[PDB]
Amino acid sequence: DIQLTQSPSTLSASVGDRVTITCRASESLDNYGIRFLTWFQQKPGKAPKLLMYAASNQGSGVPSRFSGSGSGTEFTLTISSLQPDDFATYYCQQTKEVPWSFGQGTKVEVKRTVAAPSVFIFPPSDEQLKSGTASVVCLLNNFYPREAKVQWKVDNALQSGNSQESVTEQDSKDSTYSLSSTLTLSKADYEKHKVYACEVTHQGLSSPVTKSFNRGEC
Amino acid sequence: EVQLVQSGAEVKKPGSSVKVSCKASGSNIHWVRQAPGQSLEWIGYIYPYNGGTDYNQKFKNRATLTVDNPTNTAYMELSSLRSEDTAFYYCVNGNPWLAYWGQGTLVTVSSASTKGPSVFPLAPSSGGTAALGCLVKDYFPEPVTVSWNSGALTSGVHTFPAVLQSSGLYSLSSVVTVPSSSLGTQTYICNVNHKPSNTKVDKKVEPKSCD
């Protein structure tokens with residue numbers, strides 16, 4: 001078996017930058033003068049499309065600003081003038097030894113100025129509570145960069161293992177992300193505590209922002 | 001121009017099996033899979049002209065790769081399906097390079113069964129921007145669509161990717177930001193659809209009172 005690893009995993013560039021992704025292999029990928037490595041481009045919710053084959057050859061309709069170099073155990077993909085259409089996730093795939101494995105992927109995303117999130121907390125609807133479950137929802141709106149931490153605190157006890165998050169794709173107009181987090185308690189446990197708090201740490205924020213409500217004062 | 005049209009999405013209970021069709025128009029046929037948000041994983045290949053097949057060790061004796069030559073169709077059969085097998089599945093023509101991909105076929109493998117969502121409002125609080133939305137909760141399987149005011153309000157909407165709960169049902173939020181100055185002159189209804197249960201719901205969303 002043979003294992004590829006890409007670097008970096010995330011890369012932030014602007015239109016016109018020259019950008020280089022690296023695929024490293026656990027074995028040599030050359031045989032018979034053939035470099036046995038392939039590059040793919042994938043966009044959210046689409047099948048992959050081949051960019052490069054035999055390390056350095058352009059696939060059909062792949063513009064010339066995409067190129068690849070390398071030999072043996074280390075390979076690179078270079079995009080010379082980033083075009084808007086190029087922000088993508090890129091995979092390397094080895095074709096010498098059979099599992100045909102892929103690497104983990106490298107996401108190329110749009111660089112922009114730091115933007116602090118807008119934070120909103122939502123208490124559970126009356127309707128839901130009578131069913132017996134409380135979902136508390138915390139919203140981080142239109143922030144960049146992507147890295148963000150949400151901490152749930154109930155009566156200033158930080159929660160673990162009862163929240164789930166999901167994040168939106170980078171916004172095509174303003175190049176920010178948004179994040180929704182959900183804190184799930186039983187009706188019974190929700191009724192024992194007064195303070196429900198959503199604390200958000202982000203590079204845009206001099207210090208964490210808390211949004212909270214007090215149950216029964218809502 | 002080379003095209004590979006795969007069969008539609010499948011929802012299968014554990015221990016059951018699934019057969020994905022791949023129809024060619026216009027070499028090797030590879031099968032690859034990707035779990036949502038994950039990297040890709042090669043299952044196997046078949047050379048239609050001798051029926052010669054090779055498989056990834058992971059899928060010894062669950063995978064069956066076949067072709068119907070007279071209908072230009074490849075098939076991928078995967079037995080004894082388990083949770084870990086939920087993935088988009090693609091057939092690929094190998095050049096020898098995997099140069100032509102199908103659109104992919106979502107296979108969902110879960111002990112769970114069809115359930116419509118409960119839609120609960122996310123009501124705003126109070127400051128000049130207002131955040132409101134809908135919690136579309138405890139439904140199965142994906143997807144649900146979500147719109148606002150019948151698609152009139154599209155600006156500022158974020159519909160989030162569902163999360164799979166420990167219960168094994170899905171739940172997602174859809175939120176929108178609007179001027180505070182509008183919540184007394186303009187109504188906000190989220191329109192939530194789930195086809196797999198024929199669930200259509202419209203839920204109006206307004207800030208709450210009693211302070």
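Within every chain, numbering begins at 1; the chains are lettered A, B, ... in the order of the sequence lines, protein sequences first and strands thereafter. The deposited model was determined using X-ray crystallography, 2.5 Å.
Going through ligelizumab, gemtuzumab, tremelimumab, ofatumumab, the drug at chains A and B turns out to be gemtuzumab. The PDB entry calls chain A light chain. The deposit refers to chain B as heavy chain.
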